[PDB]
Enquirer: 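The following entry shows ampicillin (open form) complexed with Beta-lactamase.
We number each residue from 1, following the sequence as shown. Heavy atoms only: backbone and side chains are in, while hydrogens, waters and symmetry mates are out. Both ligands and their constituent atoms are indexed starting at 1 by order of listing.
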Amino acid sequence: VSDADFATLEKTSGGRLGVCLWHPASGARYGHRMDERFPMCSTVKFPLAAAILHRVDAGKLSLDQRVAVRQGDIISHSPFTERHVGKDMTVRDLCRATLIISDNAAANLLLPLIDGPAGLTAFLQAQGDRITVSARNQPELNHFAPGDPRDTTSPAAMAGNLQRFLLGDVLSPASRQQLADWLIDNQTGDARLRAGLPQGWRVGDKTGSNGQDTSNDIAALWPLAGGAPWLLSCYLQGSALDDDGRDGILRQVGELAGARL
Ligand SMILES: *C(=O)[C@@H](NC(=O)[C@H](N)c1ccccc1)[C@@H]1N[C@@H](C(=O)O)C(C)(C)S1
């Protein structure tokens, strides 16, 4: 209900908590460290998917075109792409895999279609996000050092990107609704913002974790009653809490946001 509540939550969070709760239709905004840089981790996959869909909308790409999968493409935590070595996958299926289960090789196979991390960054800049910097592919995009902006975003920037790509018309209506359905089908966020959020809200989200001290969760919140959605951007970096502990913080971020709805 206030900015103070998130700053208080940070104290028990173990590290650096960044939260942006934003209601574009009213201009309401709440959070904490909303303009500081945080490692994106796997949340970079959300702008990656939007960049792909934008190129599809422009006719420079097809969701039905197929990308070849080679053994050298496979890296850790790639549950769908590892089954297609020696054949190909549609771009649409690559997008879905990287989004809803965080297929890492899927991300690496999509990136060259939008000219890699520099191409992702240029897309974000053209669309209005001048903070987010996408520099490396997987797994090294999960590296973070303070003062090193590579593969970082800010809670405000990523809430902005949720608004641009899901709510504005950066994307065609078919693309923006497919992107939404992918977030709604996310498989990795059940213990995170969703677990704290109140009944009556449809959640689409995308998560990330470095497995040691960082967990991120970005979400769109549509009222099932219909009406104007909220965006919720959460980055927890350098926490003493492990993944389950950081899940508990993300859950509590959902509980605070839920009271202000
Ligand atoms: C993106 O952040 C991905 N994270 C990793 O690949 C890490 N190396 C990793 C951390 C913990 C367990 C396994 C791998 C994917 N997003 C994470 C998440 O959303 O929690 C993931 C575990 C689903 S993998």
Enquirer: Does the N or O separation between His77 and ampicillin (open form) drop below 3.5 Å for any pair?
Expert: no
Enquirer: Identify the covalent link of ampicillin (open form) to a chain by residue and atom.
Expert: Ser42 OG
Enquirer: Name the closest protein heavy atom to atom 6 (O) of ampicillin (open form), giving the residue it belongs to and the distance to 0.1 Å.
Expert: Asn104 ND2, 3.0 Å
Enquirer: Which ampicillin (open form) atoms, with their elements, are less than 4.0 angstrom from a heavy-atom of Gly211?
Expert: 10 (C), 11 (C)
Enquirer: State the atoms of ampicillin (open form), each with its element, that fall below the 4.0 Å cut-off from a heavy-atom position in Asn142.
Expert: 2 (O)
Enquirer: Do any N/O atoms on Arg192 end up under 3.5 angstrom from N/O atoms on ampicillin (open form)?
Expert: yes
Enquirer: What are the atoms of ampicillin (open form), with element, lying closer than 4.0 Å to any heavy atom of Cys41?
Expert: 2 (O)
Enquirer: Is atom 12 (C) of ampicillin (open form) in close reach of the protein, with a heavy atom under 4.0 Å away?
Expert: no
Enquirer: May I ask you to check if ampicillin (open form) and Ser209 share an N or O to N or O distance below 3.5 Å?
Expert: yes
Enquirer: Check each heavy atom of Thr43 against ampicillin (open form) and say whether those closer than 4.0 Å belong to the side chain, the backbone, both or neither.
Expert: neither
Enquirer: Within 4.0 Å of atom 8 (N) of ampicillin (open form) (strictly less), any protein heavy atom?
Expert: no
Enquirer: Any N or O of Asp243 that comes nearer than 3.5 Å to an N or O of ampicillin (open form)?
Expert: no
Enquirer: Within a distance under 4.0 Å of any heavy atom of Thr207, pick out the atoms of ampicillin (open form) and give their elements.
Expert: 18 (C), 19 (O)
Enquirer: I'd like to know if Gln212 contacts ampicillin (open form), where contact means a heavy-atom distance under 4.0 Å to any ligand atom.
Expert: no
Enquirer: Just need the protein heavy atom nearest to atom 1 (C) of ampicillin (open form), so name the residue and atom and give the distance.
Expert: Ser42 OG, 1.4 Å
Enquirer: According to the entry, what is the source organism of chain A?
Expert: Stenotrophomonas sp. KCTC 12332
Enquirer: Which residues lie close to ampicillin (open form), i.e. with a heavy atom under 4.0 Å?
Expert: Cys41, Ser42, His77, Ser102, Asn104, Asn142, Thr188, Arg192, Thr207, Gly208, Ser209, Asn210, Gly211
